[PDB]
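The model below depicts Epithelial discoidin domain-containing receptor 1 holding imatinib.
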Amino acid sequence: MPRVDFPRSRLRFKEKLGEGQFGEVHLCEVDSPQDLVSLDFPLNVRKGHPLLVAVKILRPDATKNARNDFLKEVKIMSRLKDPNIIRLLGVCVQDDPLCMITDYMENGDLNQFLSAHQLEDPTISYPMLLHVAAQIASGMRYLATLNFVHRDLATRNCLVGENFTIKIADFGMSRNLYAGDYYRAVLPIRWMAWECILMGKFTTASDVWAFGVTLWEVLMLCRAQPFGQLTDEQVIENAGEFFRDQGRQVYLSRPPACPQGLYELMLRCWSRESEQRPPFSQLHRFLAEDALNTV
Ligand SMILES: Cc1ccc(NC(=O)c2ccc(CN3CCN(C)CC3)cc2)cc1Nc1nccc(-c2cccnc2)n1
């Protein structure tokens, strides 16, 4: 827990960014942020330009369980300090409504960003795609070593900062744009390892599987939904085929930009056995070294 609340009186409402069962996320401008610049709030103020933040707000009539989960997220976010994980800027928890505040990325989520680019034969290069993926692996290494499981890794849950910096986040199913990526609890089945779908087992190994699918998205420049040839019920059936291990399971195809070795990395992320999936330390090393060294 942060020692002092961010002053709610400085948050100027701009836009509603999303909603869920227990609250909303708003885009706010911080009024006169130079007044707040301190050790507690080391805000990056650009004179002449508004300071924008995302604010997650718990409904004041939230249940006890909803409130506890919100405070659990506060506690988790207060620990996360890595260049490739979204940073908590402040909280409002002394009074209702409870709030968490992070930076707002004008470049949007990584899906939005890659969707707006084309592959260099605006453009983005294959080496930059590897850098994006390496950053995600590095953030995931950090999370896993702190004994967190993400459970919803995908390009839609990564934010694009300045100079191609990628921040892993977790927004939940709070945005209409990605409703088709979730199956009705509400689950991102196309990113989920077979054991998640069949047994509800979520682990770092299943985060690795999701990382494989996220890497696939990146190399596809977010042009195709994973398993777009399959209905939701068929995706669940595909998980059964991984369980069966009789060679009928469908794997995502190799993207045109993806060399065979990188594709085989992805296939290893989709190993039937968790213990055969590469750790994030290895995924990062492969992307930052092996793949980048073989352009
Ligand atoms: C305002 C806020 C409050 C909380 C969070 N929280 C997280 O992003 C997050 C990240 C990692 C974890 C780790 N956790 C481990 C356990 N498992 C099960 C889940 C994940 C938890 C929360 C983000 C935000 N930021 C946010 N939220 C929604 C939209 C945007 C946003 C949208 C567009 C551009 N810029 C920002 N930004």
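The numbering of chain A matches the PDB entry: 600-720, 736-798, 803-913, in order. Atoms within a ligand are numbered from 1 in the order they appear, just like the ligands themselves. Quick note: numbers below take in every heavy atom, side chains included, and nothing from hydrogens, waters or symmetry partners. For this deposited structure, the header notes the method as X-ray crystallography, 1.7 Å.
Within the 4.0 Å heavy-atom criterion, the part of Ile685 lying near imatinib is the side chain and not the backbone. Most of the interface of chain A with imatinib sits in UniProt domain Protein kinase.
For chain A and imatinib, the nearest UniProt active-site residue, with heavy-atom distance to 1 Å, is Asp766, 6 Å. Within the 4.0 Å heavy-atom criterion, the part of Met676 lying near imatinib is the side chain and not the backbone. At under 3.5 Å, a nitrogen or oxygen of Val763, whether backbone or side chain, sits near a nitrogen or oxygen of imatinib. Not a single N or O atom of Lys655, backbone or side chain, sits closer than 3.5 Å to an N or O atom of imatinib. Contact atoms of imatinib toward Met699: 1 (C), 3 (C) (distance under 4.0 Å to a heavy atom of the residue). At under 3.5 Å, not a single nitrogen or oxygen of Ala783, backbone or side chain, sits near a nitrogen or oxygen of imatinib. Among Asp784, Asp825, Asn706, the residue whose heavy atom lies nearest to atom 7 (C) of imatinib is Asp784. For chain A, the PDB entry reports the organism Homo sapiens.
Of the candidates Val673, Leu773, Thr701, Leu757, it is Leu773 that places a heavy atom closest to atom 31 (C) of imatinib.
Residue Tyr703 has no N or O atom closer than 3.5 Å to an N or O atom of imatinib. Considering backbone and side-chain atoms alike, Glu672 places an N or O below 3.5 Å from some N or O of imatinib.
Lab note: binding site of imatinib, heavy atoms under 4.0 Å, is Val624, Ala653, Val654, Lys655, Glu672, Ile675, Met676, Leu679, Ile685, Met699, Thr701, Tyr703, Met704, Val763, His764, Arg765, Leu773, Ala783, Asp784, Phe785.
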